[PDB]
Participant: 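I have a structure here, written as structure tokens, and I will follow up with some questions on it.
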Amino acid sequence: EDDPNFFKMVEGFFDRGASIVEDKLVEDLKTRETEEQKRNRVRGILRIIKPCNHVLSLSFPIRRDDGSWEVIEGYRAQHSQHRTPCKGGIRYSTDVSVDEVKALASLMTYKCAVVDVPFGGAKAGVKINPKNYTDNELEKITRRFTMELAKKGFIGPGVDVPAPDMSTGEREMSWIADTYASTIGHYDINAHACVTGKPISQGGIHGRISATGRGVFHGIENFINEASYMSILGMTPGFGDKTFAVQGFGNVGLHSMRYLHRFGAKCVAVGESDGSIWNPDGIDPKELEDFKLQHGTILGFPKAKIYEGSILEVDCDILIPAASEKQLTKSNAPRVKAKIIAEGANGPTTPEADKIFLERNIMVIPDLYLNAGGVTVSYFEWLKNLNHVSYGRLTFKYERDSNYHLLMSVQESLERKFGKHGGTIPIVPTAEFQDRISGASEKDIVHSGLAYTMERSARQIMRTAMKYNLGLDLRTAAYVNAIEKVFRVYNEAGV
Amino acid sequence: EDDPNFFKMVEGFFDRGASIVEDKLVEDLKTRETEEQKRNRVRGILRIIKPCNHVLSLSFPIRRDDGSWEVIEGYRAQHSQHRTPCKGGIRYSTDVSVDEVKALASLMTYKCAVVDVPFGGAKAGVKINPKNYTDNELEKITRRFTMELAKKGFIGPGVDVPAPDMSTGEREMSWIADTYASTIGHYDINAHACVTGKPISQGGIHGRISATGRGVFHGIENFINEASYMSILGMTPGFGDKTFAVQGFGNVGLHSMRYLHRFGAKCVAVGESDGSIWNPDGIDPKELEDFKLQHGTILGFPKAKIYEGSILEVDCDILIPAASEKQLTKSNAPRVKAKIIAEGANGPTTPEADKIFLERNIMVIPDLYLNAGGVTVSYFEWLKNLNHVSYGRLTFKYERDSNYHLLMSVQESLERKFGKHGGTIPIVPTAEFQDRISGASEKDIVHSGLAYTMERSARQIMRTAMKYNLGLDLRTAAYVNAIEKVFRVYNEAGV
Amino acid sequence: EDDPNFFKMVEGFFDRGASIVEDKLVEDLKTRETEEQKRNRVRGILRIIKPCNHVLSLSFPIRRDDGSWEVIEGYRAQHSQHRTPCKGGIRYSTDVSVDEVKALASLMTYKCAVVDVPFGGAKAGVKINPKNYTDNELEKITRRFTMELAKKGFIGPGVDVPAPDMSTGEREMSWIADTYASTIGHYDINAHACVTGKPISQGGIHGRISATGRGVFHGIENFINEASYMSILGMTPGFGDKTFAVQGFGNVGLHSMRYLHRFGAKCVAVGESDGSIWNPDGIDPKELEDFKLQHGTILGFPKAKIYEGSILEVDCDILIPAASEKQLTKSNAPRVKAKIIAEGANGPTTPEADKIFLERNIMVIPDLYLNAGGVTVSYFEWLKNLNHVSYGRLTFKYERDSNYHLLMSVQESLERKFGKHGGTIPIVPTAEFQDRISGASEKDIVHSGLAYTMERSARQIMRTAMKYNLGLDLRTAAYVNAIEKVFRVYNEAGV
Ligand SMILES: NC(=O)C1=CN([C@@H]2O[C@H](COP(=O)(O)OP(=O)(O)OC[C@H]3O[C@@H](n4cnc5c(N)ncnc54)[C@H](OP(=O)(O)O)[C@@H]3O)[C@@H](O)[C@H]2O)C=CC1
Ligand SMILES: NC(=O)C1=CN([C@@H]2O[C@H](COP(=O)(O)OP(=O)(O)OC[C@H]3O[C@@H](n4cnc5c(N)ncnc54)[C@H](OP(=O)(O)O)[C@@H]3O)[C@@H](O)[C@H]2O)C=CC1
Ligand SMILES: NC(=O)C1=CN([C@@H]2O[C@H](COP(=O)(O)OP(=O)(O)OC[C@H]3O[C@@H](n4cnc5c(N)ncnc54)[C@H](OP(=O)(O)O)[C@@H]3O)[C@@H](O)[C@H]2O)C=CC1
Ligand SMILES: Nc1nc2c(ncn2[C@@H]2O[C@H](COP(=O)(O)OP(=O)(O)OP(=O)(O)O)[C@@H](O)[C@H]2O)c(=O)[nH]1
Ligand SMILES: Nc1nc2c(ncn2[C@@H]2O[C@H](COP(=O)(O)OP(=O)(O)OP(=O)(O)O)[C@@H](O)[C@H]2O)c(=O)[nH]1
Ligand SMILES: Nc1nc2c(ncn2[C@@H]2O[C@H](COP(=O)(O)OP(=O)(O)OP(=O)(O)O)[C@@H](O)[C@H]2O)c(=O)[nH]1
Ligand SMILES: Oc1c(Cl)cc(Cl)c(Cl)c1Cc1c(O)c(Cl)cc(Cl)c1Cl
Ligand SMILES: Oc1c(Cl)cc(Cl)c(Cl)c1Cc1c(O)c(Cl)cc(Cl)c1Cl
Ligand SMILES: Oc1c(Cl)cc(Cl)c(Cl)c1Cc1c(O)c(Cl)cc(Cl)c1Cl
């Protein structure tokens, strides 16, 4: 009950936001036939943006360990190409259908527009349940899948760059890169930039794994510290006195929990497919993770009870959906308790849940902004691959020396003016500037680059929510920017 | 009522035929684990054949003559690649969906297996009604469509070679070739072999337009002259005393009517979308065509009345469906009158109509054989393009001389043995051998090559219908061969 | 008269400068056969530099809006490739001939040598009068032109990178990039680096439009502030008391006027093809531009009279030719009034006008230096495209933090030495260092990079004019450096 066509579901958000700005897009336009044919031409460009450009559907055979033949299905969709290459991960699930992949792909592009990553949207899906395949079988699958994508122009450094999503980690990325760089890209100087989310030894970048969590953190942080928004929710600014619950203890889930906890937030609930756990006094990220690693499940965790009932309904301040889509529907929407909904996963709530949450006066930080930390960091990995140099190497020593001389320049100058009367005036770095004395390292850029991006995009949305009184409809605010940016292109290039 | 999903409908025919042969495919197999794991491996290979390998879905913009923006959808599916390149036409219709294109694509491959054309199956569709677009708009569409196909490996001399289908003629093929050879294939020595059904001046081959009609003729001819099959129908062999009716006065329809009429068959009905016409005394192909060209419709034709009622039900000997799919369904099936059903179009009858026709004892010459004359000739065009010489050029003079000497060798020899007593014994060619004195021409090869193929494939099917007592279930007989052939490749190819 | 072959005209400047340095190029040379065969080998290398390497001549058809067929001609020349790729704009005019394109191409390479941009010279021309073609027809032309260039290796990220010139702006560049990245470069990770001067939304860079004007400004600034040169002209250093007149109110014209005016210079005349305008009290850049945009011409401008007579002869301090070539010839040369000639356009003055201006003691700042600001900025755009990151993104936050700590390091140190006695010694940034606290942004690098380059190259020329007493023959000084740099390269290469 309340199950909408994910693709159209996203189109819904797009159209809603399209209207809001349609007027501006016509005013800025300065063409000759100034008459409202301008208004049609804008609507024409919009009708062009909405649909995917290329969608590849695969069906290929693999040989099961038991010697039998099985046909596996997979898809890869390229939504837009107003920016090259396309970006978007690969989800391994039995729920993948073209409609889903087409939707996630489109979310990737608007996602990038919000966060200013120069990539068009894309997304992949292989209809399998990894839990029923041996490691050996999976590898054969992801490798062969890379090939059939390659052969048709659906993966490449300047075409389409995959990344992780559901049930795919750096292990999968690692095989993808290897297959590509060993075959199609044997001569490509940018071969390893054909995919992101790779192991660091494979050319991955620091913190891409925890990237999304760290991003989710910044997303919330930017909003839970506004008052303008916190008042409307009857909430005190700051994390120190908040309790949250998260659906999905995975890449985006685990790390989301990790960072919030790090800033005095309390995890009162954690969920999965098998069940949810709870504890009003709070659950710890590190022991839960080790229990989960050792036992392969969160159910049974000693310092917490096996909560019976919807993880999406538990009593808390912030609800973090980090599982699959449409978890928050029209049904359960009214029974959420939480004041803040930080959309960790892509499209975890239906259009109607939004509607209800708006009325219920519960703030929903949209997915296409809140979870954009993943690509922001993937983009940094991609730049790293192109550069072929790890940040800081060429300059670590030069800056260090240069910095000590800068500091020595004020010292010797002051000793000159205040003579022997002041004796020596030692100018040493503080503990903080000491940690920076050489300049930024790879770790430093990811951390601050992400932060700069999450913060900067937050303001861009807030600023918009104001200019159009969307109040707590941040999702619409977010799409306005995406459209506003993606449009400025298609317009300025003869479509 | 009864209009199943097209793709599975064809899968239906495949499975049915799969069973019939499954046994043979296991007997011929000579592997080590001779136990019936052999039977699973065969079923495994079959599960692999059935689905399409690659399906590209396009969505791109074109600029309407009135200056507006419209998004047009198109698809191209590559069913199999056990043979390279893929082959199959492009249909321009508003009824094209992936399911349809996926179906037609699969029919192309089995079609080729029956007729022995070394191509894997493929098919394209662009969701538009050509009748609502100017010539200028169409060209923009077909050209841009060729590009988006090219960019993703869905058109190329050794990859996928398109051809005509519904609402696409040599005009469209001509633009396709031009776009390709002018861009992607500028350096390809086989650039113009990227598509068939081209204008002869564009590298087309003689008779490709009337190819399918001529083929349909041969298909019927091979069966309407067996007695073995004609007896079971209570019909005298030969065309001389037969009356037929055809649904669709198009490329496959018009020419089908043309050739049958040429051999003393009488066209009593012709149909279209607007309506059907009739005349028990027979309608003439040439005057109907000129009326149709001059007036843009068959309705109103002077030497015939405007028949009210289903063209598929009119009283005649042979019913030729040359329109779209599923015309003959479970409903109207029982009211057909005709004894012979020559499937001109692809899949014009549902699985149940078959069933009824079997019982009703009405012979149905399957589409995947009867209309294979098109690709057989397309294949000849493709070979012509690769050869870069039209049949006969290099040898016309040599054979002519060589032949006159061969004939002169018996002459001078006989004059030698019978001396002056017999005087001169002139050895001149007959009128027939004179027409061949130089050897086969492009026209000659198409005509006899087609004939050789239609006939040879007919026997292959008949021969099969006997070995498995399918009697009048020729469709199943046809699929048995297709499967039987497509199989061997995969078996010993490394699957 | 005085209408020489634009190509030889430039060759003239080259030979003249060739001689001046020939001696040095032989002295530095340290080969075995030290005898003056060295002097032949240098002359041999020079005979090799002078001519273009590849010149493509195009002739292709376009379809006029009124349905008719017209053949359009175009050329693209690649002068040198001692540096890859080639660089140089596209001029849309009816005056384009191979000789012109070959000339402008050669000016591009020496232009780059003076300014240190690692590109060999190139240039294009399409023989049409844009003023007689609709926007729709132009686009068809520029797109099809990009294709015919592509097909033959005359456009590509690492081959030949076009840019704007006469009657071509970012609109044309935008279509060029689009056609390339959508076809030939669909897989190129550097596809959008196939051309510069693109809209910013298309990957353009900040200030490339006003780049040349800004450059022209710096060019003059570096010379109008030397005294060494200002004395010889009987002129006070500085812009504050100068009046200039410019021929051509276009990309290079308008912005040239803009920047000079910004620094207290007074525009007393502005010209075009239809006519010139004047005002001894000065004309304003902003109102003239708006009049020109609204009315499509400068003639009629309220705050100025319609000057009857040559714009190249008006009374002023500095004459800025920003129109086509050979405007200042032997004829009108003696009647110029201005003391300074800032060659904005490429080769606006004939070899003899030079001669006269030398005698007349009028300083001519050579085109191949003065207007090099365009490529310098185009080069920055190209680097931007390769980098796939806009300057500053990765480091904005890190530097800002790092800087506050640097400043905090002196603060905490001083508070330590001067204890409570000095209380807090707050170390805050000035307004200027505040504007830089995060580091350079894209805007910052273009502006200072251009300045660094214009200034540095000015000194290189002055320094040379001295070592060879060319006094006011800066053109010859400029070519000496170009040759001196390019030669070295063909030298050490294996030729
Ligand atoms: N790098 C990334 O992976 C990124 C992902 N995202 C977003 O987050 C989501 C991806 O999470 P990833 O795929 O990152 O998570 P990972 O697969 O690790 O998440 C694993 C967890 O998800 C739980 N889970 C799955 N389905 C449900 C469900 N219906 N209800 C409750 N729990 C469930 C699993 O339980 P079980 O194991 O029993 O299924 C498991 O504990 C995507 O939708 C995407 O939009 C965004 C940016 C980065
Ligand atoms: N080279 C080829 O074209 C080949 C074609 N074929 C087969 O023939 C069919 C292709 O026909 P082409 O595409 O050759 O035909 P063309 O478009 O000429 O066929 C035109 C005729 O089809 C009629 N028609 C369309 N829809 C219907 C309908 N729903 N009911 C009755 N009549 C209808 C049209 O009426 P109207 O004009 O008013 O729309 C017109 O008279 C395919 O299905 C294919 O399997 C097989 C091999 C080769
Ligand atoms: N990136 C760049 O664009 C660079 C440009 N340059 C130089 O500047 C020149 C380019 O100018 P752009 O092409 O920038 O100028 P744009 O075409 O805008 O210049 C337009 C102006 O040129 C005037 N004009 C053209 N021909 C004549 C003529 N015969 N007599 C008088 N006025 C004339 C036009 O008048 P009207 O409109 O009535 O024809 C118009 O006002 C080039 O030759 C180039 O070497 C230098 C460096 C880089
Ligand atoms: N998968 C996973 N890795 C973790 C986790 N916590 C820490 N890591 C580690 O991240 C490590 C390197 O971290 P760098 O300092 O050394 O980590 P960091 O940037 O300070 O981590 P954050 O403070 O969360 O941003 C790796 O060696 C991982 O073991 C976790 O909860 N899950
Ligand atoms: N539409 C149509 N085309 C025809 C017909 N007859 C011949 N053609 C043409 O086939 C032409 C050249 O044909 P020929 O070499 O004379 O044909 P043919 O071998 O005698 O034709 P069949 O007799 O093989 O059809 C092409 O230009 C077609 O237009 C016809 O009755 N209808
Ligand atoms: N390119 C251009 N821009 C103009 C002109 N006149 C006004 N503008 C304004 O340029 C504005 C943005 O200017 P900026 O990019 O910040 O200018 P800038 O690079 O600091 O300008 P300069 O310091 O002269 O190079 C827009 O909002 C326009 O309204 C003109 O003649 N040419
Ligand atoms: O140039 C390539 C490469 Cl190296 C890989 C792929 Cl998948 C594609 Cl498609 C191309 C471009 C290309 C080709 O290289 C060839 Cl020989 C044929 C085609 Cl129809 C196309 Cl479009
Ligand atoms: O060359 C390519 C590349 Cl490298 C990518 C793509 Cl997608 C396409 Cl379509 C082409 C085909 C192509 C072209 O698009 C053009 Cl204009 C010229 C050539 Cl001689 C070639 Cl071979
Ligand atoms: O790719 C070719 C081919 Cl097949 C032939 C030639 Cl004579 C050349 Cl020199 C190339 C190099 C080349 C290319 O590799 C691409 Cl992609 C485009 C272009 Cl216009 C060109 Cl000239």
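Numbered from 1 within each chain, the chains take letters A, B, ... in sequence-line order. Partial entry shown, contacts counted within. Whatever order the structure lists them in is the order used to number ligands and atoms, beginning at 1. Keep in mind that the numbers below use all heavy atoms, side chains included, and drop hydrogens, waters and symmetry copies. If you're wondering, the header gives X-ray crystallography, 3.0 Å.
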Participant: Identify the compound at ligand 8, choosing among hydroflumethiazide, chloroquine, setiptiline, vorinostat, hexachlorophene.
Facilitator: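 Of those, hexachlorophene.
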Participant: Write down the macromolecule with more contacts to hexachlorophene (ligand 8) than any other chain, named per UniProt.
Facilitator: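 It is most in contact with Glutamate dehydrogenase 1, mitochondrial.
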Participant: At a 4.0 Å heavy-atom threshold, what other chains are in contact with hexachlorophene (ligand 8)?
Facilitator: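 Heavy-atom contacts under 4.0 Å involve B, C.
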Participant: Using a strict cut-off of 4.0 Å, what other ligands or ions are found near hexachlorophene (ligand 8)?
Facilitator: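 Under 4.0 Å from hexachlorophene (ligand 8), the others are ligand 9 (hexachlorophene).
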Participant: Help me understand the model: what, if anything, forms a covalent bond with hexachlorophene (ligand 8), by residue and atom?
Facilitator: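 In this entry no covalent bond is modeled.
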Participant: Name the UniProt active-site residue of chain C nearest to hexachlorophene (ligand 8) and give the heavy-atom distance to 1 Å.
Facilitator: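 The UniProt active-site residue closest in heavy-atom terms is C/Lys123, 19 Å.
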Participant: Which residues from the surrounding chains have any heavy atom less than 4.0 Å away from hexachlorophene (ligand 8)?
Facilitator: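 Heavy atoms within 4.0 Å: B/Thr183, B/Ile184, B/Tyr187, C/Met147, C/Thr183, C/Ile184, C/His186, C/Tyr187.
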